[PDB]
Amino acid sequence: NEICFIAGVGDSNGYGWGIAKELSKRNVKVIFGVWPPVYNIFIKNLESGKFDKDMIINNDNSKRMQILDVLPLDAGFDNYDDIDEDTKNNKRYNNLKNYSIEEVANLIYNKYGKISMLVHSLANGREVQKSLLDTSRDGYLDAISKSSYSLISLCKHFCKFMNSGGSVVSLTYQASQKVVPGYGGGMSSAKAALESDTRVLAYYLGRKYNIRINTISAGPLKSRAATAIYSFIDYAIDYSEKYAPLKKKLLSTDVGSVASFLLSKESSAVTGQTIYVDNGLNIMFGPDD
Amino acid sequence: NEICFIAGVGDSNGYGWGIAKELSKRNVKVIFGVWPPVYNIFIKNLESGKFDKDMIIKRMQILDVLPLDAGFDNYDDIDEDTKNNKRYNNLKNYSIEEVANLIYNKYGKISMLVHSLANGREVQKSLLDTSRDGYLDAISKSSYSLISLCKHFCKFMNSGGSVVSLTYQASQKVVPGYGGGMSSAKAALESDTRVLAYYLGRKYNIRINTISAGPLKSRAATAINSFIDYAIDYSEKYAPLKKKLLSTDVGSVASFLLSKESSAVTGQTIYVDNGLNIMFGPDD
Amino acid sequence: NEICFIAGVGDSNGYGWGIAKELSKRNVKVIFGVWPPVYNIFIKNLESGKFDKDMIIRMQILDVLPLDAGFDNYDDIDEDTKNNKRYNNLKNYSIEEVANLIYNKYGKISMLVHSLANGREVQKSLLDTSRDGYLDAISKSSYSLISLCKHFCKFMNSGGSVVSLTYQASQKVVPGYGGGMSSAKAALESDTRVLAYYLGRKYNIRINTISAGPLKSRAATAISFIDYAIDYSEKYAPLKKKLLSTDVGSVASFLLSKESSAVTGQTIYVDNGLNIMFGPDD
Amino acid sequence: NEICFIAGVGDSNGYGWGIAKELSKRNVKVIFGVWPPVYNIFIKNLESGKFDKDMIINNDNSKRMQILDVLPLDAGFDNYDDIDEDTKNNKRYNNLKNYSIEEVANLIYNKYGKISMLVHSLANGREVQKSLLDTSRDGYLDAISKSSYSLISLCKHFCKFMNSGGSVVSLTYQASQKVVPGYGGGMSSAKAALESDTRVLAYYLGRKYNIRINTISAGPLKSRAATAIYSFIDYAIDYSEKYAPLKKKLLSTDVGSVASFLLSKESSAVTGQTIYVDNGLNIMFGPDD
Ligand SMILES: NC(=O)c1ccc[n+]([C@@H]2O[C@H](COP(=O)([O-])OP(=O)(O)OC[C@H]3O[C@@H](n4cnc5c(N)ncnc54)[C@H](O)[C@@H]3O)[C@@H](O)[C@H]2O)c1
Ligand SMILES: NC(=O)c1ccc[n+]([C@@H]2O[C@H](COP(=O)([O-])OP(=O)(O)OC[C@H]3O[C@@H](n4cnc5c(N)ncnc54)[C@H](O)[C@@H]3O)[C@@H](O)[C@H]2O)c1
Ligand SMILES: NC(=O)c1ccc[n+]([C@@H]2O[C@H](COP(=O)([O-])OP(=O)(O)OC[C@H]3O[C@@H](n4cnc5c(N)ncnc54)[C@H](O)[C@@H]3O)[C@@H](O)[C@H]2O)c1
Ligand SMILES: NC(=O)c1ccc[n+]([C@@H]2O[C@H](COP(=O)([O-])OP(=O)(O)OC[C@H]3O[C@@H](n4cnc5c(N)ncnc54)[C@H](O)[C@@H]3O)[C@@H](O)[C@H]2O)c1
Ligand SMILES: Oc1cc(Cl)ccc1Oc1ccc(Cl)cc1Cl
Ligand SMILES: Oc1cc(Cl)ccc1Oc1ccc(Cl)cc1Cl
Ligand SMILES: Oc1cc(Cl)ccc1Oc1ccc(Cl)cc1Cl
Ligand SMILES: Oc1cc(Cl)ccc1Oc1ccc(Cl)cc1Cl
């Protein structure tokens with residue numbers, strides 16, 4: 001049976017969960033990588049059944065979402081040596097161990113073997129609520145460290161543990177290509193680098209492992225992280241539902257099925273791409289009223 | 001049960017056929033639209049089992065094979081010279097409008113539309129030496145044809161229905177050899193894919209995309225100018241994936257593009273070319 | 001002194017004029033190609049000094065010739081347009097004819113400008129456009145650029161330069177810019193690349209296109225499309241300047257100068273930066 | 001008379017120097033920011049008239065260039081408070097002071113007044129010789145701090161000290177948009193962020209200061225930096241000279257004159273842009289033989 005590691009799921013409200021669901025539709029088992037400060041919170045809501053409501057696969061619990069494992073993961077660190085004394089001291093990291101990208105890499109591979117799929121649905125900006133102009137070297141590089149370099153780290157450590165013909169997917173946002181005031185802290189710069197890095201990784205992973213990698217430029221989803229920004233997320237959504245060529249409402253599962261498709265053998269000739277999943281809003285010049 | 005009309009198949013060596021195959025895999029019934037000057041030959045091949053080897057997916061279910069000339073929007077457009085032409089006389093209802101009426105009357109609303117046709121008489125000429133008539137014909141048969149298909153079919157299409165066409169990267173990067181305004185036609189078709197996505201999306205909740213395919217030894221590709229053998233070899237040498245590109249590779253992306261699983265994708269140019277388009281140039 | 005041929009000026013309220021003006025600042029002489037059905041009126045208003053207002057800085061106009069970019073050479077003109085009152089007074093107006101006429105009188109020129117479009121169904125949506133309307137938009141607005149280059153480039157100086165004007169509805173959906181015009185503009189930008197390859201290798205001639213913002217030109221005024229677009233550009237572009245005919249003109253002048261001799265095949269945005277925005281910034 | 005501050009320059013073999021030259025012929029006065037480690041040498045080269053021939057502009061001989069001033073500048077530091085101790089006690093800096101970004105900006109405003117023009121021609125990355133996949137987070141983030149964030153810091157520190165309608169330009173390279181093996185260390189990512197940043201900065205500089213920013217995507221130049229990587233640069237120059245639509249050799253003043261134009265009021269309505277000065281190589285699909 002096939003497996004996909006989904007780095008960056010903190011609850012059932014994000015894109016990673018939506019991706020997990022659609023992979024369930026085609027019988028691949030999911031391993032989540034959870035950011036440590038919310039790892040217990042999560043494994044708790046999962047034990048109690050708060051997500052059973054969300055593990056329904058359209059045929060209503062005749063088919064379940066197979067969560068093979070859940071692990072602590074801080075893609076901010078590539079291996080143990082990188083971990084600083086203080087984060088080892090933190091009350092949220094005391095309990096937990098083996099959570100560097102290499103740690104979870106090795107762990108999964110030592111137990112489950114080679115896997116086929118790999119998802120990167122995480123990101124973080126310290127100063128996301130600052131304009132790129134008012135952003136500091138530290139915040140900027142933090143955004144980029146957490147949101148861009150993290151994909152590279154994942155590939156480096158995972159892709160030698162993956163099946164030939166395997167596939168990697170990440171999420172991005174169009175602020176990398178067109179100015180969205182409000183998407184700040186160098187998050188636009190991070191996405192811009194992610195997109196570029198997707199191509200360059202496609203070449204190395206393609207030639208070395210025959211592995212594919214693509215990124216989905218998603219439309220606005222009211223996830224937890226999204227919510228953070230005086231409701232920048234509500235505006236992007238009402239702007240989208242109003243002016244997209246497709247007046248539908250965007251679901252996590254819309255991105256979910258495109259990821260599932262990108263992760264399958266059905267797209268074995270597509271690599272290095274930014275595929276837009278935003279109800280066609282990227283094609284528009286502006287509001288059509 | 002879902003139906004797709006595939007305009008632009010004349011044998012089993014091109015992309016239309018590969019898309020048909022992949023659509024059969026998910027139980028989609030296929031109607032072929034066939035250029036009349038090649039129609040009776042294609043039907044004979046079919047009838048005598050030449051394509052049987054190539055029908056194996058069990059086997060592809062061809063619901064119908066109709067004559068279609070994507071240069072004619074309706075009956076009145078058809079000149080007498082072709083109405084009197086050896087290869088059209090016995091054939092009727094081959095306007096874009098007439099086959100859309102035909103198909104609609106015989107089967108009702110369809111859900112999927114495939115455009116996989118192109119034509120340009122001066123593709124041997126550099127753009128620079130291409131004539132106004134060559135250039136315009138290339139754009140008439142390869143770009144306008146797409147708008148007309150949509151204009152005539154999309155009244156007769158199920159909401160949430162989907163349209164895909166084929167393109168080539170010659171539109172965005174200079175490929176010498178790809179002439180007669182074919183590079184211009186592909187360009188217009190990519191832009192047109194956008195604009196139709198707005199009108200088709202708002203009006204009928206219909207999606208339209210285009211696949212930028214890599215090189216494939218189709219009969220058309222072969223008729224160009226040794227050129228395609230060079231493009232195939234260059235692709236298999238320098239793509240990120242060194243796999244060999246198959247019609248079914250484009251086929252499965254089209255199928256995905258023609259299904260509700262991509263119901264938030266529209267107006268897009270998708271590259272199915274083994275990653276070739278991301279490279280700067282040769283890596284040796 | 002260097003010469004620039006500018007096709008697509010029927011008045012002074014457009015981009016072609018702005019390009020002339022800015023070129024005049026550089027001591028480059030200028031030839032106008034004019035759509036015959038307005039050549040008689042243009043020459044008159046130029047007679048009466050009606051244009052002396054805008055000509056000043058002085059714009060030295062070498063010649064004004066009737067040019068119909070619908071016809072590539074003499075034999076393409078059909079019986080009917082020959083027998084039309086709009087043209088009657090005028091001959092030698094095919095792309096080839098004015099190219100020969102210009103070379104015979106002046107020799108090789110250094111600069112070429114394409115600033116003309118037309119389509120007869122620009123009023124209809126792309127989906128509502130017909131084959132003949134669509135193909136007309138493309139013939140006039142797009143192929144013509146290739147016909148100019150084919151005919152003028154053998155008569156140009158090694159190191160010569162060509163520019164045309166385009167609009168962003170080729171890359172992003174602009175309802176209102178219909179009739180296959182978005183379509184013609186998409187071709188034009190692509191063609192700018194392929195042309196750059198051939199012209200560059202064959203004659204060392206560069207070619208670029210400018211993607212310009214809204215201007216209240218004559219042609220723009222028949223669509224209230226352009227009024228809407230100017231308000232939108234002035235409200236949401238990164239720069240608040242009102243866009244000037246001569247802003248495009250000044251980038252043009254640059255592109256036609258040896259100061260840009262490493263730039264070719266490009267689409268250059270001269271639109272106060274508007275292209276770069278996701279949407280209205282309120 | 002207008003003044004331009006040119007960041008990355010150190011020997012007249014590069015593009016910073018080429019921009020200097022072409023601004024010169026427009027009678028603009030030029031100031032050099034120079035990386036401290038190479039600063040003493042550059043001034044000893046210059047005051048001994050070694051670049052005396054490179055300062056010549058038609059008419060020749062001659063009509064020379066005249067450098068208003070030359071400062072030390074480490075664009076990897078935003079303000080004094082940043083510059084650490086190890087570096088305070090480094091053989092190259094114990095001899096220099098006021099080289100932080102804000103330090104040099106303040107020094108210039110004080111002494112010269114507001115300036116019209118700003119040029120970013122600086123870049124650096126410790127691990128460029130590594131493929132993106134094999135690149136560490138430190139090397140990667142270094143590439144991006146020095147090569148990209150610099151553009152932002154400069155802009156943050158100079159914008160209030162700049163004339164209304166002032167212009168800024170940086171240099172990029174197509175490896176950000178198409179895979180260029182050999183361009184490792186996260187430089188490709190750096191340039192992608194840079195290009196994206198150019199757009200975002202154009203929004204903020206344009207609204208708040210009526211200030212323009214563009215970047216130039218240049219073709220290969222046998223500069224000192226490009227020399228470092230079995231000659232990546234010789235291959236790239238040859239490739240370009242063979243296959244570009246225009247067969248000429250590309251000179252630092254080719255980019256210099258495009259920059260001078262972008263830095264002048266002739267490009268009044270051009271901002272946010274990536275402009276290609278590469279003899280058209282960017283447009284070709286591949287080798288046309
Ligand atoms: N939501 C949208 O509107 C939208 C649009 C386009 C793209 N995206 C992208 O989709 C992806 C998923 O975002 P989402 O909206 O589902 O957010 P989310 O809040 O559902 O998921 C983000 C998760 O990443 C994890 N994370 C944060 N920092 C981490 C770190 N340092 N190490 C390891 N894990 C960390 C957190 O556990 C968090 O739950 C992100 O990359 C985002 O940029 C989102
Ligand atoms: N083969 C490749 O390498 C390649 C690569 C990229 C894109 N494409 C595109 O894929 C599409 C399919 O082409 P293909 O390579 O399968 O070639 P093909 O020869 O298999 O198919 C082209 C079809 O169009 C038909 N046709 C021509 N003129 C017509 C008209 N006026 N009306 C109706 N039909 C007409 C031909 O009979 C033929 O069946 C084309 O648009 C082509 O441009 C092909
Ligand atoms: N005005 C704008 O807002 C705008 C924006 C972007 C691009 N453009 C482009 O700039 C160019 C100039 O247009 P404009 O806005 O200055 O309008 P304009 O009226 O100044 O230019 C149109 C010119 O083309 C001429 N013309 C029409 N058909 C012709 C033919 N068959 N042969 C020769 N000439 C013909 C007209 O007589 C007129 O002189 C066009 O290519 C246009 O698409 C304009
Ligand atoms: N050389 C090329 O082929 C080429 C092509 C396209 C773009 N570029 C870009 O143009 C710019 C100039 O490069 P070049 O080719 O002139 O190389 P160069 O070596 O001539 O110039 C680079 C300058 O940056 C300086 N520098 C290095 N680290 C610095 C730091 N931490 N702080 C401040 N300054 C620092 C160097 O000392 C040098 O003066 C670079 O950004 C480069 O990426 C170069
Ligand atoms: O990428 C996103 C795009 C949008 Cl429209 C909404 C939310 C997104 O996700 C994030 C945005 C900023 C930060 Cl700091 C972290 C995350 Cl996960
Ligand atoms: O688009 C194509 C791209 C490639 Cl690489 C090969 C063949 C292609 O298809 C055509 C090319 C020219 C003409 Cl006249 C007709 C068609 Cl169908
Ligand atoms: O290209 C243009 C773009 C804009 Cl915003 C405004 C006017 C334009 O110019 C034209 C538009 C349509 C037609 Cl039929 C002819 C011309 Cl000259
Ligand atoms: O960007 C460049 C592109 C090219 Cl083709 C050549 C040199 C370049 O400049 C650099 C390349 C690498 C590093 Cl580490 C630093 C610099 Cl300044």
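Every chain is numbered from 1 and lettered A, B, ... according to where its sequence line falls, protein lines coming before strand lines. First listed ligand is number 1; within each ligand, the first listed atom is number 1. Only this structure's heavy atoms are used, side chains among them; waters, hydrogens and symmetry mates stay out.
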| Choose among sulfathiazole, diflunisal, triclosan, sulbactam for ligand 5 | triclosan
| message | I'm curious which chain is the main partner for triclosan (ligand 5) in this model - what does the PDB entry call it? | response | Enoyl-acyl carrier protein reductase
| field | Chain letters near triclosan (ligand 5) (heavy atom < 4.0 Å) | value | A
| request: Identify the binding-site residues of triclosan (ligand 5) at 4.0 Å, heavy atoms only. | output: A:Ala123, A:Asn124, A:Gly125, A:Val128, A:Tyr173, A:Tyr183, A:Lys191, A:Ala225, A:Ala226, A:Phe232
| request: Within a distance under 4.0 Å of any heavy atom of A:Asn124, pick out the atoms of triclosan (ligand 5) and give their elements. | output: 14 (Cl)
| field | Distance from atom 14 (Cl) of triclosan (ligand 5) to nearest protein heavy atom, with residue and atom | value | A:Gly125 N, 2.8 Å
| said: Just to confirm my output: which protein heavy-atom neighbour is closest to atom 12 (C) of triclosan (ligand 5), and how far is it? | reply: A:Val128 CG2, 4.0 Å
| request: Would you confirm whether any non-hydrogen atom of the protein falls under 4.0 Å from atom 9 (O) of triclosan (ligand 5)? | output: no
| field | Per-atom contacts of triclosan (ligand 5) with A:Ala225, taking only distances under 4.0 Å to non-hydrogen atoms | value | 16 (C), 17 (Cl)
| field | Protein heavy atom at shortest distance from atom 1 (O) of triclosan (ligand 5) | value | A:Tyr183 OH, 2.4 Å
| Top protein contact for atom 15 (C) of triclosan (ligand 5), by heavy-atom distance | A:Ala123 O, 3.6 Å
| Going by the PDB entry, what is the biological origin of chain A? | Plasmodium berghei
